[PDB]
Amino acid sequence: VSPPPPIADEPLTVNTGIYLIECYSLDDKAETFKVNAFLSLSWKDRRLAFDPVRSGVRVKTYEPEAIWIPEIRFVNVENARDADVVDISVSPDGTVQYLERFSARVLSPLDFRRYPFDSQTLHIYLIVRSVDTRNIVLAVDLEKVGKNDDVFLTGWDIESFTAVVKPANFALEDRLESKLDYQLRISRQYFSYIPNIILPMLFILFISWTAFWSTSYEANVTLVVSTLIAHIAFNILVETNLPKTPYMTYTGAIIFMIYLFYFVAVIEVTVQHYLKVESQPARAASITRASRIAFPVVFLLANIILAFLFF
Amino acid sequence: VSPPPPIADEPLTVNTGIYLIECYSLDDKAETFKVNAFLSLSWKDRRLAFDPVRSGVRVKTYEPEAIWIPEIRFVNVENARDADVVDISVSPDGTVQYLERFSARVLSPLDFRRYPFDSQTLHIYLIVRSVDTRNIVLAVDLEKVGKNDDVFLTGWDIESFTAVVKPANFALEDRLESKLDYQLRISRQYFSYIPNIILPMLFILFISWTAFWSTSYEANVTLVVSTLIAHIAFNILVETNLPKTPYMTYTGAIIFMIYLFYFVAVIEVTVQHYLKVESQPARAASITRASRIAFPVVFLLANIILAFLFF
Amino acid sequence: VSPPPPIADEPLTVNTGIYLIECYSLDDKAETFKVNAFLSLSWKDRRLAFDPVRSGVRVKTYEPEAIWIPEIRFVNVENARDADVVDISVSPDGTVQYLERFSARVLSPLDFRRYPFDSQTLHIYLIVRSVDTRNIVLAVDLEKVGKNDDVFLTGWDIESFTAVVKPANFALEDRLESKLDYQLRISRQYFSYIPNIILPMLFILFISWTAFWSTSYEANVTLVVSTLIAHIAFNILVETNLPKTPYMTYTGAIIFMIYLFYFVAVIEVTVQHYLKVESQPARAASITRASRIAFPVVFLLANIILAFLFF
Amino acid sequence: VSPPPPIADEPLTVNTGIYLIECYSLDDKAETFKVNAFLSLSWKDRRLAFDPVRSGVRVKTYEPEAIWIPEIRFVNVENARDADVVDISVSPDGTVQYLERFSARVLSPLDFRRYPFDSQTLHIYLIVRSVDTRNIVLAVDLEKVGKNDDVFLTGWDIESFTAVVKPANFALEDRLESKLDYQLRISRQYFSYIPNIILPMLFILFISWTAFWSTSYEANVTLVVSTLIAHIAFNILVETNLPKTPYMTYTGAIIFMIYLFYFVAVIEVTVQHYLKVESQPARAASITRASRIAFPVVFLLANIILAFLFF
Amino acid sequence: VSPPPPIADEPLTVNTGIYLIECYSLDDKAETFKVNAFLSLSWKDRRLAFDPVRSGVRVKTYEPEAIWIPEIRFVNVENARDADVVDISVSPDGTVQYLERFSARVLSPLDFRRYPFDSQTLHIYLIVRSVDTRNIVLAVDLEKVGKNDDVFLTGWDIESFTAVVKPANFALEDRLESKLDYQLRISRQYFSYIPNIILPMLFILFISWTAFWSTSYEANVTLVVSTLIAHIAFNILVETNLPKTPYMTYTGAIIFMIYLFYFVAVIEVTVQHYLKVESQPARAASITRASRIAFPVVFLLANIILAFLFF
Ligand SMILES: CCCCCCCCCCCCO[C@@H]1O[C@H](CO)[C@@H](O[C@H]2O[C@H](CO)[C@@H](O)[C@H](O)[C@H]2O)[C@H](O)[C@H]1O
Ligand SMILES: CC(C)c1cccc(C(C)C)c1O
Ligand SMILES: CC(C)c1cccc(C(C)C)c1O
Ligand SMILES: CC(C)c1cccc(C(C)C)c1O
Ligand SMILES: CC(C)c1cccc(C(C)C)c1O
Ligand SMILES: CC(C)c1cccc(C(C)C)c1O
């Protein structure tokens, strides 16, 4: 067993195809996802060709070890895929049709900039390293690229599974490498974030603003501080579900901005009390009266600015 | 070793049967469950048929590698099942009786809409890809589908383990695929949710309503804010045990609605104090007096509406 | 390699023995435990008979694949046991003495009703399915059932490791199955629960009762609410360490009952303040005075009732 | 392949040696540690002996399967070690020199009594079961017992890696077993516990004692209750990092004792207020004044007593 | 298969090269990282040499088992690497060119002193043990040491992947061991720590200092205690993400220092109230007025001192 030789001096074309059976475990923190799919391989090996009329058989079967099979590997995997050879069929002209069922944990980075309203493009990079006797080149058989209807990825919507038809051929350690890009397009199901994180977070912030309709320093301190602690809880909960990004995310920005509002509300609450003690409740009253309008307006304005910058 | 050829031009019928030995690890967040069961396979291979007379044995035992065995796979599995061939028996007419003991992590989505009062239908999809020489079709031998009496799935009740007798035959990459649906019907044991999450959650909310029988703003702010923090704790605890659904769940709805009650109670508490400071305790008194009846009534009404919409 | 044949028409007796080397990872939530032990098997295969004269050796040593070995499996395991064949010895008569060292994660349900003062009976079910040529029956060789003295299972006391001598023989999918029950009796080391969960929990509850010697509504609200939050913390901590049971557990009952005490204390605290504001401190004083006695008495009575019902 | 026969009737001496390459993952809760080391084995097999002069080769190398190798196993392991045979060398006299590189998860109990100022002795028990033809006995070749200089075990100091030279020979299931004890002496790096758990815990307790210089019941209730909640947090954090011991640990004792101080401080705070309301501030003043001295003195005394009892 | 013999009496040089394909899972607590890379090996084996003319081939391909391949192992790995032989090529002079693709979990300690502004040098130690017939020495072929452009390690910046050309040759258990050091230089992406941990932590501290512009003991106690609890939360969050170091880290120092500020602020708050009750508000006023300047100044000074000592 060694590579099929060239008729002229052409490279060996191995036609590929990935058909997704299962999608699961998209881990945001790890930036990984699990896949269960069919891997299809097709190439011509003339040494295997036969007569259809004389052989009586139109197709011949082979056990993996019996024939030369190209070493196709995945670039972005944690460990080498778990493969089960489903079938090897050889047609009269020496065209081989290989099929395996595999499962792998794919490493594909995610862009957290618009979280939880983000969309992603997951990648599966197929690769083949050229042998000394000949160069191996990959290609996409669009007929054998797909996914089953039931393929569901929890908390995400599956847009498309396509392959970039033109392989990226390059030199690596003094030998040719032919690389293919299979792309899984998904978009996050943001629904649940609204009643679980967004609205609770806004409610606790609005509750803090009731201190603008109270002259009790002791009650205000409780209002602002308490809600600030609940905000820290939400911040912590949110940051545990996400990886540490070198860029600012949409959620990150909002969560951060909100801290400034709690800080300024504390200052206001302190100022109001200070003036009151200092026997000037009229300045204190106008500062509070302003804040009543200022706080929601600046909050609403700031959010528009951020949504603009982010979307 | 290659498929048994057709007498006429009929497809090969493989008679299946799953007998559950163990059920465990139903992970709600992951929407997976672990299973340990017997897989039974039966098909006719005439090339193996014999005369009971001349041979002097009414059965024939084989090692897996010695005979042709159909490639039965599970659709909804994380990784290929762990199988141990228990026995392979051949009857005089060439009827093969295959038995294996397997364990697998099955991916089956759950409908969280009625959580924790929900019921589920877990699936085990058996599949067979047809060969070039012939088409393979699956069938259910009802005699070999079951579960042992001891099969317990922690915090769930096992209703039934049945199989949809008629397979779903379809084309996949120009070959025939025959798919069978084994269904495990279960219903959640909601008991524990009552004293652990439900009642504590209601108690903390009722405690918040004592602020309707108090004129102390400072005590009221403490009552409502404190309990709101305890509610956030319960919300967080609940949401960590569940996956992110694109739909509203029953518990989700309740938890969410309750936030509105805390928000409105804060408003009431603020209003009462504001009026009192503004030297009009009679308006404040009537608002408070109404709230004492309004809050429980609207809570009880809202819950009826929700239970109705959900069940 | 196929079963040894009967002299008369007797079933094959495979003697068994489990000798525990290691016990670890008793997971309460999962209701699983890990075991590392010796599995001993002994059956007569006359086909292996030999003359020590003609063969030199008094006992013959065989490699697993060389001889017929009965397929012994465990019923209540997650996955097939990790086995290492330690020795296979055949005496001249053909008596086979098989020894393997295995490790497995055993699934055995637990009765949480008396937690953390509960005792358990863990099971290891050995099984053998009968072949077509002959019936296989299991037996216990009491001489080969044990555990080493060092066998420690963290936070549990090991009472006994015994086997139910009489196997449970039954039909399963048209063949005989011989099942054996090995029983590991253990009892929980409740010590640590006293200073870690019990006493802290009682202290925080007693602290709440100081509100019965205070006329300050604002301090009382803080006392009762604060401690209630600390109780929720303990409840959550406790419930994370346990699986969701369809029955009430001893700890569960106590934790639940305590909520009622916090609820009633809030009511009392509210009533006392209401009456005081309403210019009737004498009724308030007598209600408080009774509560000081009522609360500890009813708590102590309720606990006796519960301990009675549970033990 | 079968055991080398005795010259006289002596047992087979297997010389052992463990050389630690990597030490990691000391899990306190699980009472396990991971090891990566060389396992050296040496015995005499006269059947393999040769002429030094006539052969012209000083030593001869073999493949595992070619020769008889004793079955050395570890007693206290989770699962059977991952071994790679590095080399097998036979000298002229028939002395076999075996070397393998292994990795295993060792189960070794820990004494938490002096945590986090404790020291431990981790064990690796080598074992060999005697064959029918002859008895196998283990020995330590001190020349081949060691560890590399870089061997670091995070948050622990490695004192020594030694072996108890005299094996423990005993009967187990009617055959001789020769057991060796390799001991890894380590001591915990307590440094970090000081600024992370100890000092914060003491600071929150001291903060609680400021209530002895305050006449405000409402502020005191806040001071004592708040800090008590922070103490519960530390207790919980500490207990999550440790297994449930049937004995009292040093930290456990301290954490527990501190609860009593919070309880008594609440009593004091209640008493002071009660007396003040009851128009007797002079008794209240002297009780508070005493507490100011009593609390730190009894704390300091109690700690000395405990440190004494524990070290 | 045995080592290629020396022409003179030279040691065998094995040229090495590591080309990183993937980098992931840098676990700070565990001090481990996962790698996926190509391992290249090249040595001269004269026994494999051939005349290009009588062969009609420029190269010769071999299956691992067919030829002698040196046993290269990694020193700092958890378990033996997962390797797939990609290719084995032999040039006419008997120069062997070996290529494998591997994945391993590398144990490499980290210096937490400047966290989260730290940089690290991860190591991959290649090792070879010398055989009896001859000594094996490792060498770096700089042409075959690299990483692909896509190599990303989440939350870290990859500076360089280089190899220390000169191997460290030494004796280990009477055999010569040749060790090579491959170094991955990385630096932490500190960005996210600023809005997630740093700024929130500073804000809660500044909020505590508003008590210097308040005469209300009850509000102050709330301000300082509340924020202290939020600080404990951040401390706990930070310490869970890091391993226990025997040295003080930069973050560790800051977190610790901040506790002292909370403690002193409580003292101030206590003193101010004490004096006020004791009818001397002028001393109290000047102490408070000083603190307003003292606290930020000493905080700013302390930080400069620390940043100096650490960077
Ligand atoms: C697997 C990981 C699991 C991680 C689990 C993490 C759990 C987090 C614990 C949350 C801490 C709650 O924080 C707590 O909330 C209440 C809100 O009523 C605050 O308290 C506020 O009102 C109370 C009650 O009147 C006062 O005692 C208090 O002084 C005041 O500041 C407490 O001061 C605060 O300490
Ligand atoms: C969590 C984060 C994404 C967020 C929080 C609160 C409010 C908003 C907008 C939609 C107003 C928001 O986008
Ligand atoms: C958790 C959620 C399911 C829930 C909480 C509180 C009350 C109710 C009804 C039964 C009143 C409820 O269904
Ligand atoms: C945790 C639970 C088991 C419990 C809590 C508090 C008190 C008691 C009895 C022993 C009084 C108790 O059994
Ligand atoms: C955590 C536990 C070990 C502890 C806490 C606080 C104080 C001390 C002594 C050293 C005073 C202590 O040993
Ligand atoms: C977390 C720790 C690294 C830290 C916290 C707060 C402030 C600072 C400096 C940059 C002022 C800091 O370095």
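In what follows, chains carry the letters A, B, and so on, assigned in the order in which the sequence lines appear, proteins first and then strands, with residues in each chain numbered from 1. Only heavy atoms go into these numbers, but all of them, side chains included; no hydrogens, no water, no symmetry mates. Both counts, for ligands and for their atoms, begin at 1 and track the order of listing.
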Chief macromolecule bound to ligand 2 (UniProt) | Proton-gated ion channel
Which named drug shows up at ligand 2?
-> propofol
Using a heavy-atom cut-off of 4.0 Å, list the other chains contacting propofol (ligand 2).
-> A
Counting UniProt's transmembrane segments of chain A from the N terminus, which ones come closer than 4.0 Å to propofol (ligand 2) with at least one heavy atom?
-> 1, 3, 4
Site residues for propofol (ligand 2), heavy atoms < 4.0 Å = A/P116, A/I198, A/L202, A/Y250, A/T251, A/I254, A/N303
